[PDB]
Chemist: 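Structure uploaded - forodesine bound to Purine nucleoside phosphorylase.
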Protein chains: 6
Amino acid sequence: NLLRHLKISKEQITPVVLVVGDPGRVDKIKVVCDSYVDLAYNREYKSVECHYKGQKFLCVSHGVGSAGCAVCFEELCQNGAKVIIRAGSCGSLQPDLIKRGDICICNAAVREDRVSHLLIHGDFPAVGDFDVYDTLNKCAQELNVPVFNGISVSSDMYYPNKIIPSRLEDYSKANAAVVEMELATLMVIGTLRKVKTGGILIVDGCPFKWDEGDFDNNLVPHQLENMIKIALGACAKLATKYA
Amino acid sequence: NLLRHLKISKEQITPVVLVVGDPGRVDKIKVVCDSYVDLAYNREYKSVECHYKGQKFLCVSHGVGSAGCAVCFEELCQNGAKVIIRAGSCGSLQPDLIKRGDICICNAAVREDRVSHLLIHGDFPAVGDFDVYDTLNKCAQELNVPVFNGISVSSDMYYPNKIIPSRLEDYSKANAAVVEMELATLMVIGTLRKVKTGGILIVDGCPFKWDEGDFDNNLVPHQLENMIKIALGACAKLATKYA
Amino acid sequence: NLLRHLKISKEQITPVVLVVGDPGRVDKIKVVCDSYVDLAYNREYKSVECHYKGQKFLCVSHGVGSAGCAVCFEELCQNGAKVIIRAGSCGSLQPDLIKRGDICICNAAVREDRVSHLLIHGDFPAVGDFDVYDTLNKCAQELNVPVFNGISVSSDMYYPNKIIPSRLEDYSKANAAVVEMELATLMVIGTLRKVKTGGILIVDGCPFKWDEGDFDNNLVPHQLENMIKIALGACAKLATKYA
Amino acid sequence: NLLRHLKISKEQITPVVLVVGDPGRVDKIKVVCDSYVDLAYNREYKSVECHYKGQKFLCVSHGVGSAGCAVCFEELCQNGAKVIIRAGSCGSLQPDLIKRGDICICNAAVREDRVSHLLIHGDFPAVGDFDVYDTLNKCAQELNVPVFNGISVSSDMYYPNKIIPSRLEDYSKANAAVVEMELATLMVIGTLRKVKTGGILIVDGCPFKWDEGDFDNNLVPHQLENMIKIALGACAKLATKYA
Amino acid sequence: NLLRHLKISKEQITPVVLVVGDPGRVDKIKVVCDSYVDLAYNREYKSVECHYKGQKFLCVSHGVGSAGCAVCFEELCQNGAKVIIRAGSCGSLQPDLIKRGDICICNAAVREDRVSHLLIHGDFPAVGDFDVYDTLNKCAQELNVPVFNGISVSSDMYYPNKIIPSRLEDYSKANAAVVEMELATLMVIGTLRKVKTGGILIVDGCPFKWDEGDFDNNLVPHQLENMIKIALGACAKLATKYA
Amino acid sequence: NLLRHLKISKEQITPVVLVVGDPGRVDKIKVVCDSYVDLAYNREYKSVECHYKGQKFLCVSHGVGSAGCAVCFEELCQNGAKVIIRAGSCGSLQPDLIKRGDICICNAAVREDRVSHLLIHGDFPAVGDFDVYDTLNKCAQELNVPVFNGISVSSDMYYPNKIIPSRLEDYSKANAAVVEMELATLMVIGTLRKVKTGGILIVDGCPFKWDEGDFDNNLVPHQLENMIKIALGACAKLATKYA
Ligand SMILES: O=c1[nH]cnc2c([C@@H]3N[C@H](CO)[C@@H](O)[C@H]3O)c[nH]c12
Ligand SMILES: O=c1[nH]cnc2c([C@@H]3N[C@H](CO)[C@@H](O)[C@H]3O)c[nH]c12
Ligand SMILES: O=c1[nH]cnc2c([C@@H]3N[C@H](CO)[C@@H](O)[C@H]3O)c[nH]c12
Ligand SMILES: O=c1[nH]cnc2c([C@@H]3N[C@H](CO)[C@@H](O)[C@H]3O)c[nH]c12
Ligand SMILES: O=c1[nH]cnc2c([C@@H]3N[C@H](CO)[C@@H](O)[C@H]3O)c[nH]c12
Ligand SMILES: O=c1[nH]cnc2c([C@@H]3N[C@H](CO)[C@@H](O)[C@H]3O)c[nH]c12
């Protein structure tokens, strides 16, 4: 009995799961683990069992956008997942403080999607699990990797238009740290399904300055590597609790 | 230079574009053409230039979900595309009429997403271009493939919960024929960007009966084949004009 | 029995109905038909059975405003009407392309009313029927009357204030062609009551330039006549199929 | 210059105006006054200068519907009107207390329309003038005509459907006394334009019991006569004050 | 048994109740009456029975804010109160007309709170009881104390931020006269619970000019005294009837 | 000068502040500290400087309700406060797990208020600070006091009615642990003003079971005492960071 989109089975899902947007990232991550086992690759959902520091945990891609990652999260959550951490890139909403290559560990997010709203009233908060957040921060510390912490704007609109103003500036003034497209959806589904969520992101630019060239098409190896070591370090530590 | 996510160039975009959800479908579609030229494959976005009936039109996958597909559509719309037709699967909202395997050509959709709303007020209608819609029907007729016509509910939620009621039943009563996850976004973006759009779908089940086993993990072969034939034919005809 | 406001009987309703706003316009139309038969006149609703090219179809006024025209359309749709085509005036939202006298056939509208929302969720599209739209266009073609095609903004507010800004500018940018006050309501009511709908309009000005005198109290004589011909033609053709 | 819809000049507008919905009603009232002067009749808007008790004031019909009567009310408010009292019919939302033929003078109203919201935020109250309200109740008293007082639900939807529940039950529980289609609109435009407003209504049924036949196509003759005298009386008193 | 927050029994509640925000204002009021009886003091809720002009009635403080006062109004309304009149301070939204020290008797309010919305749909009006409104204006007249009349904006936000614009300017244009923090909540709860409400306020500054020093930490003494006399006077006339 | 409502000077505000609902409660708290200094008592806002474990910090009452507490929180945040911890009571939304007397430390909340929405869009999350959250949890551990952790629903409605359904059952299903009236307001204002917030609460009942007598008028003594020690110890620890 395979999951509609993940195409893996309930028994293949581990208590801890690391999710990334791009299926290509999963290939690049598994290779940095001690060992790995490919499980499946359907549509944009690539699943690979990872082995790191004596721990077992999956790495599944969820694709771009909230609606699509929700399919992934729901299938994981409703079939055994206990801890889901997202690792990806984001834009800066505090250009004078957080810049390209920087890593931010988010504890909550703005719900600028639709799926979470079709799941629960807008007043409900999109908040991650403290423990996942704390473990991600401690691993960063142990790897002597400096990081930022804050709220992420999870917006379904990457390319804004000139009719309806973007709420990015409002949220910047509101002290939101960064902007991406999945975290809020992950957090809300997680709390509704009693699954611990977290999120660590690396900055690839600032949407306020895209027209100025404030955007990297590719991340600096060293930096991306650091964020991955943190994420993997965290999953390993969190998985130990369910071994 | 390449487009951020598609990874192709402005010159590589044909005036007509056939968009699908699964990147694997693009492969299964390219082979059935006279000849093709693989262009790129980034994340869930595979771009192949198709050759059919002496015409040139691209076949691009947009992934699952509106936020992710809007990324695809915006990059196409803002870089040359004059016509975009979505071909994918959907669910039936009229079980006593539309069953598994049936094909439906839609001309309008329910905007149960968030990205379109971040673009223009919700009162704005998500409607396809008439000619595209008509062209799709004439091809279905020439090929002698009976099809339905109607409104598709484009919802960002695939797996509903037990707290906030789904609006599928209401829309069913409102006479909406089908339910999927991207059309409404395509139409709205098309209208704003002045790009003609249309959509044709093949039913894979009925969400009101998933619990009773009404769902196909695999689309009906001959029906899928006919739909793709209709789509390719329609794309070929429309492409002709622009050439 | 008689319908509450139209004061006509169910048996007096023809499958095809032509609806106008001003009841004084229903008299001007009946006189250009081969023959007619006055049915009733209550409040702002004047009903007449028109005879044209061997076909019989009613011509009913619906008054200004969505709420009032809804009362008229509900009684028509719930008592026999199968097709309803609205013919009236509108303002241009594209002053550089669409000017006074011009005629526009719309296939969708912006739901800036309240009745449609009291009837169905705001995400539902206000879209007219394909055949009706096609018919109107072909009839315009045969008469060699050049017409525009696009979305209409149906707003309950004719006279804007200075507190809450008008959304017309946004819709103009979103590529909506014109603006009037009843099309969206007709469309939604029809989709709900399985009644084919459509609309054709003649421009009497541009709300963006009213203060500059850009507005006609009287419609362009010949242009109005052409629209009426197109309308009567489409009714005749549609009434034939139903008979 | 004539108003766009009313087709009367600015100098033809008296400080006090009595508005009814049916243009036929304006004729049946003018004859009950000492004398009168027919001013104009365009669309559903018929205007007549009434002479009663040595005082002068217009009687203009507004048609069925919030959007329609708004065009009327705006043209009057922006051109002289200081006081506008609406007298029409309504349904009871309190079947055990308010019944057919009963008269209700309303001080406030539920804004279930769209134009008011396009004018100011929904939080703003639809409330009439205390003095107008007061003069109406006193004219009723001097005529020994018992009347009810309360809130009117002004809803753009006359014929409800079975998808989106009607809020009428809710408002009945909230103690709204009556239901009609124009009062809230008049009150909001009025406070915004600094025009005093009020309304008197006669009950023709109870929408909760329409299916049982709790409705009258024709109002109780004498009861209708009383309400109109109260209205004409109130109008005369206020007009005097404005003399 | 004692009400949860007021800590008084149902038998200690009189048909007429005068509410104020500051519990300190209660002590300053009782000594201006012929006599009094301290009832209770819990949290910000101070109740005292007042004896004025041979009539009995309570004076209860409700604290700052719509949610806190709703708790107060509900315990009073669900346990006997028939009339509740609020007497407090407010800011001016019409600095060209209403100044510090001026008194305003309000008949309706803008519902910029949340409690009233969790009680009834937003379209419902926040309107006071006419008799109460009239009784206050007449007492004012008998005391030769000029007063203003108008709509009050009851907003939950006292200190605006720079991200989301304040709606006060919009409401000033809409002609709202004054702004405070509990009137609309009292009115709505009142209408729902069949309790008659009213409100008399004294201006302590204008929020549009706080940055220019337009604010009084202490209200104009003589003026505050006049308003308190108008209130006690009104409470006496109203309590008289019930007795 | 003094803060408008709290009546204390900017210089009298310490970096860490302990806020509570009942002013009567701050007097009961200062007495358990080493020493204290009364600062002011205006309306429901009582301010006292507390000296505890070699540290200093204020304890201020904010009264019942979000609009009321916001006044308190704004005056504190805009004048030097760096950390604000709310210690209050709450109702349980999980009667089978969390019971009366139990203590719950919250890190996020549902924004069922108006003020926070008047400061920023609803999608913004109401989340507390991690350090504060962890500090409170660590202090609980050291004192060997078991506590629950979870989301609190902050709702402006204490007494619901029968027209509009309460959302409490929904949030119970969405896994929110408890319900109170001011935490979401504090969190939002904190994030906007760059002030670290937190919240610890003691259960006094279950709103789902009030009708069955599931409510304590008096908080469980030893449990209340335990919670206060946790709050005082947390404030002391956090204040150390600013010494
Ligand atoms: O500046 C940005 N805005 C919005 N999303 C992203 C992302 C993340 N990368 C993906 C889009 O490239 C998507 O998954 C999003 O979550 C990186 N930078 C940005
Ligand atoms: O019953 C259905 N509900 C929602 N989406 C789909 C789909 C389409 N397939 C994809 C999800 O498998 C997604 O792209 C969606 O548009 C098929 N059947 C259904
Ligand atoms: O510029 C315009 N704005 C809004 N409505 C109209 C109309 C149509 N005419 C009527 C109002 O005169 C109304 O029925 C509306 O649909 C013409 N021009 C305009
Ligand atoms: O039961 C009712 N519901 C809604 N409107 C009305 C009316 C009034 N009469 C008109 C519709 O016949 C319309 O102007 C409306 O305001 C009478 N009875 C009812
Ligand atoms: O300018 C103002 N804005 C908002 N509220 C008030 C008030 C009233 N005083 C209290 C706040 O100080 C609160 O009860 C409010 O209703 C006085 N002046 C103003
Ligand atoms: O069951 C409950 N619902 C809502 N608030 C509270 C409270 C807290 N107590 C106060 C209301 O009594 C208010 O400050 C609120 O935050 C205790 N129990 C409940």
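Numbers restart at 1 for each chain; the letters A, B, ... are given by sequence-line order, proteins then strands. Because only heavy atoms are used, hydrogens play no part in the values below, and waters and symmetry mates are left out as well, while side chains stay in. Just so you know, ligand 1 is whichever comes first in the structure, and atom 1 is the first atom listed for that ligand.
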Chemist: Give, by letter, every other chain that has a heavy atom closer than 4.0 Å to forodesine (ligand 4).
Modeler: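 Non-hydrogen contacts: C, D.
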Chemist: Heavy-atom contact check, 4.0 Å cutoff: does D:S89 meet forodesine (ligand 4)?
Modeler: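 Yes, D:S89 has a heavy atom closer than 4.0 Å to forodesine (ligand 4).
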Chemist: Tell me, please: is D:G21 in heavy-atom contact with forodesine (ligand 4), that is, under 4.0 Å?
Modeler: no
Chemist: Please could you name the atoms of forodesine (ligand 4) that D:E180 approaches to less than 4.0 Å, counting only its heavy atoms?
Modeler: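 So the atoms of forodesine (ligand 4) that pass are 4 (C), 5 (N), 16 (O).
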Chemist: Between the candidates D:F215, D:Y158, D:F208, D:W210, which shows the shortest non-hydrogen contact distance to atom 4 (C) of forodesine (ligand 4)?
Modeler: D:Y158
Chemist: Note the single closest protein heavy atom to atom 18 (N) of forodesine (ligand 4), along with its residue, its atom name and the distance in Å.
Modeler: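 Looking only at protein heavy atoms, the one closest to atom 18 (N) of forodesine (ligand 4) is D:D204 OD1, 2.8 Å.
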Chemist: Identify the closest protein heavy atom to atom 10 (C) of forodesine (ligand 4): which residue and atom is it, and at what distance?
Modeler: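 Going atom by atom, the protein heavy atom closest to atom 10 (C) of forodesine (ligand 4) ends up being C:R43 NH2, 4.0 Å.
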Chemist: I need the closest UniProt active-site residue in chain D to forodesine (ligand 4), with the non-hydrogen distance rounded to 1 Å - can you help?
Modeler: D:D204, 3 Å
Chemist: So is C:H5 polar-close to forodesine (ligand 4), meaning N/O to N/O under 3.5 Å?
Modeler: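 N/O-N/O distance under 3.5 Å: yes.
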Chemist: I'm comparing forodesine (ligand 4) with the natural ligand. Which residues that UniProt lists as binding purine D-ribonucleoside in chain D have a heavy atom under 4.0 Å from the drug?
Modeler: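 Applying the heavy-atom cut-off to the UniProt set, I get D:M181, D:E182.
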Chemist: Taking a heavy-atom cut-off of 4.0 Å, which of the residues UniProt lists as phosphate-binding in chain D lie that close to forodesine (ligand 4)?
Modeler: D:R86, D:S89
Chemist: Under 4.0 Å from forodesine (ligand 4), counting heavy atoms only, is it the side chain of D:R86, its backbone, both or neither?
Modeler: side chain
Chemist: Where's the contact between D:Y159 and forodesine (ligand 4), heavy-atom distance under 4.0 Å: side chain, backbone, both or neither?
Modeler: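 D:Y159 to forodesine (ligand 4): no contact under 4.0 Å from either part.
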Chemist: Could you tell me whether D:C90 approaches forodesine (ligand 4) through its side chain, its backbone, both or neither, with non-hydrogen atoms closer than 4.0 Å?
Modeler: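 The answer is the backbone.
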Chemist: For D:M181 and forodesine (ligand 4), does the shortest N/O to N/O distance drop below 3.5 Å?
Modeler: yes
Chemist: Considering only heavy atoms of D:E182, which atoms of forodesine (ligand 4) have at least one such atom less than 4.0 Å away?
Modeler: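 It comes down to these atoms of forodesine (ligand 4): 13 (C), 14 (O), 16 (O).
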Chemist: Okay, next thing: residues with a heavy atom within 4.0 Å of forodesine (ligand 4) - which are they?
Modeler: C:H5, C:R43, D:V64, D:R86, D:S89, D:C90, D:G91, D:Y158, D:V179, D:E180, D:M181, D:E182, D:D204, D:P207, D:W210
